[PDB]
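Shown here: forskolin bound to Adenylate cyclase type 5.
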Amino acid sequence: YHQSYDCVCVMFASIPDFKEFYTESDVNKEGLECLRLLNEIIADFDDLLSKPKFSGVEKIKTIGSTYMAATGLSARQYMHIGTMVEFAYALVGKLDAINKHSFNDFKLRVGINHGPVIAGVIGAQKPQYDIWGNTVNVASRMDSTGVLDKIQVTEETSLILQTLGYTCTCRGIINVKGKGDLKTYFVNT
Amino acid sequence: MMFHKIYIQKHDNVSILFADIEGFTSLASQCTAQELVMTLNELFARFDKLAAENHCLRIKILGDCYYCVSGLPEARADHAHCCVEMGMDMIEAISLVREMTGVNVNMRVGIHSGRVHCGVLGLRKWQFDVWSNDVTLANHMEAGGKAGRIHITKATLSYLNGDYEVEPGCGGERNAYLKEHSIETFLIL
Amino acid sequence: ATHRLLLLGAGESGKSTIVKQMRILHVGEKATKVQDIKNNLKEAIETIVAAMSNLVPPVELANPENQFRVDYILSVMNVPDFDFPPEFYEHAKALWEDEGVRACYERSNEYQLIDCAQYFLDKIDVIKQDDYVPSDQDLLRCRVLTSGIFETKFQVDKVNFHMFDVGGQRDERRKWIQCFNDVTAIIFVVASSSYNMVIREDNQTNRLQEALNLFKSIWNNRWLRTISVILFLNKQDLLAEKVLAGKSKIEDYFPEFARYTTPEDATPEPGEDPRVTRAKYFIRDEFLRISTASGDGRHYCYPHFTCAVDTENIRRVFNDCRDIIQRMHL
Ligand SMILES: Nc1nc2c(ncn2[C@@H]2O[C@H](COP(=O)(O)OP(=O)(O)OP(O)(O)=S)[C@@H](O)[C@H]2O)c(=O)[nH]1
Ligand SMILES: C=C[C@@]1(C)CC(=O)[C@]2(O)[C@@]3(C)[C@@H](O)CCC(C)(C)[C@@H]3[C@H](O)[C@H](OC(C)=O)[C@@]2(C)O1
Ligand SMILES: Nc1ncnc2c1ncn2[C@@H]1CC[C@H](COP(=O)(O)OP(=O)(O)OP(=O)(O)O)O1
Ligand SMILES: [Cl-]
Ligand SMILES: [Mg+2]
Ligand SMILES: [Mg+2]
Ligand SMILES: [Mn+2]
């Protein structure tokens, strides 16, 4: 069964440079060794979900090398949105740790949005929980049109963040594929 | 062992099919979250059924992107044909859902054949997936496809054994990845 | 029984040289290396000549005649396909005989100069010949930057070895990871004589210090906790030559050296000058001092004094490595 929600915060965290790191040779076992590192990265991100401060974070899935998660699925009515931003900071710490031991410099590119979504399972194959909506689409666009080491949020999401004590800097108006001109902001770290 | 146990296995001689909705972000901006989900579930449930009938293993659904592979788990020399037949049934199903729903749904289909790595990554929320340059190519074949048609590569055509009539794909002129990689594409009739 | 050895270390430490010695030891092409040897030669003379006017204080030519040859070298410095006319070798040789050029060469630690500089310039008359055939030692000295991962396989008494060579420079290190999983043992190479020099990457970080930080990064790495490290303290010949010369004092770069005495269990080579003994062991201890701090038995560090360009020394130390792998059941 599908259930509607009014205020769910979605987040897409990408690693744009991974695709370039990935190569297939006889030395790296046809790219297996590269995937071995991706597995270590996802694992360190997945381990943050066990921290008491992140108990309200639900990992939906992982698209390629992008991490997708949401808060507010178990419903200062807005604190969960602020929590999502706290989780995006923690991923950076984890990726910085990986970089330290793998002699790389991978950087995360985040996009966060909030609004109504539909949650449940779809299709006829396997019971895989997921969330749909225009809110989820825009969250993803905030990632794909984002900047390395930045968290790009939408206008209303930015307003909510400010009430919570967050500084935001206007990125300007950008033409988002399918939505048109949208004013967006960068969260200040 | 200092590296997490990786649950990944390599597989040669397999086919990969990608399908994606045209203008899904534009569509989700018009109808209620319910409609989008009902329409999307009506479509993917059928695909999932068509997948089993064609010996195709559905991988995962990324919003509007649907994909599956043939030759997995167990080897099958009939692989290329399965994905081609899968595309055939898929394109037809999209038309029925377009009629009884009224929603403007159109999908591009892409196919490529080669080796893949498959299994799962991380610790939490496992989901079967595939990774390899060949899989990456299949993804671009979809992007470089045409609304309501099956876009295939020469690699895939060589496994078809000449059972389908194709025509020049010209994918190079529709997608930058296909050109830079010198890929010869075709379009099944 | 097969063993997978990985070669790690900073750029120019001697990793590729070690691999070459493996072929000369345990394993038609010489005609292609000639071009590389000539490039090293060209690169060597032009670098010394270009540094003359940029040093503080600048180095002056002993013969004003050679100023024209300097002008010559600098004009062809960036020529893509150089054809090496007999003129080049004449001018190059004349410059190498100029005392000014020599004095600048002595201060080569103040700029970036390839290791084979002196070796090749002393045999210009040999390389210039059109019937020139590179000796074993010539191929060992030839320097060519490694970028990517290369695999070499060889047998020793019916025992298999898979040796992996990688780039040591900063941008290349990101590839090492692809060889961490199931590595029998790691061979960490260090250019022991590079204490008075700085890395190419930024022109500021001390070469030996970079080696130390890099070793600490490998020894303490999260994916190499149970992997033992065979430490090759390479460039022993250049180290001794430098220590004896007395121009560059180790204590000017590594202050701690002033309070270092030779350990009791030291095994000096026959006729080895105490100063050389003291220096080579000090360097060894800077690396051991890191390996001692952590590990706790789940892996060890095996030091070796080494000179990669000496097939004699390498046959000996590699045999010592063969024993370590087998008696520890790696
Ligand atoms: N005199 C002397 N020269 C040495 C010794 N070991 C290596 N060399 C020389 O130093 C140079 C650099 O060594 P090389 O093997 O190319 O470094 P590398 O560690 O492979 O370097 P890279 O690929 O990371 S950039 C070569 O010209 C080599 O002949 C040594 O013990 N003594
Ligand atoms: C992990 C690396 C690599 C190269 C492996 C691979 O084939 C991919 O995972 C596919 C193509 C592949 O897994 C199929 C799903 C999807 C989502 C289409 C992937 C992404 O495009 C990945 O890139 C991104 C941008 O995450 C990509 C390309 O990443
Ligand atoms: N549950 C989800 N999982 C993964 N990705 C999702 C999910 N929901 C939405 N998406 C994403 C973010 C937006 C994207 C769909 O838009 P897409 O980028 O495919 O373009 P589009 O359909 O607007 O146009 P087109 O496909 O024609 O280029 O899919
Ligand atoms: Cl070094
Ligand atoms: Mg899509
Ligand atoms: Mg090298
Ligand atoms: Mn789409």
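Lettering of chains proceeds alphabetically from A, tracking the sequence lines in order. In order, the residues displayed for chain A correspond to 878-952, 964-1077 in the PDB entry numbering, which applies throughout. Throughout, chain B uses the PDB entry numbering, with the displayed residues spanning 377-565 in order. Throughout, chain C uses the PDB entry numbering, with the displayed residues spanning 39-65, 86-388 in order. All ligand and atom numbering here is 1-based and tracks the order in the structure. Worth knowing before you read on, the calculation uses all heavy atoms, side chains too, and leaves out hydrogens, waters and symmetry mates.
- Tracing forskolin through the model gives ligand 2.
- The other chains with any non-hydrogen atom less than 4.0 Å from forskolin are A, B.
- In this structure, the binding site of forskolin at 4.0 Å (heavy atoms) is formed by A/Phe895, A/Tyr899, A/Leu915, A/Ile940, A/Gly941, A/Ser942, B/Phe394, B/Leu438, B/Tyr443, B/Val506, B/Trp507, B/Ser508, B/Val511, B/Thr512, B/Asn515.
- As listed in the entry, the molecule name for chain A is adenylate cyclase, type II.
- My check of the UniProt Mg(2+)-binding residues in chain B for heavy atoms under 4.0 Å from forskolin returns no residue.
- Counting residues of chain B in contact with forskolin, the top UniProt domain is Guanylate cyclase 1.
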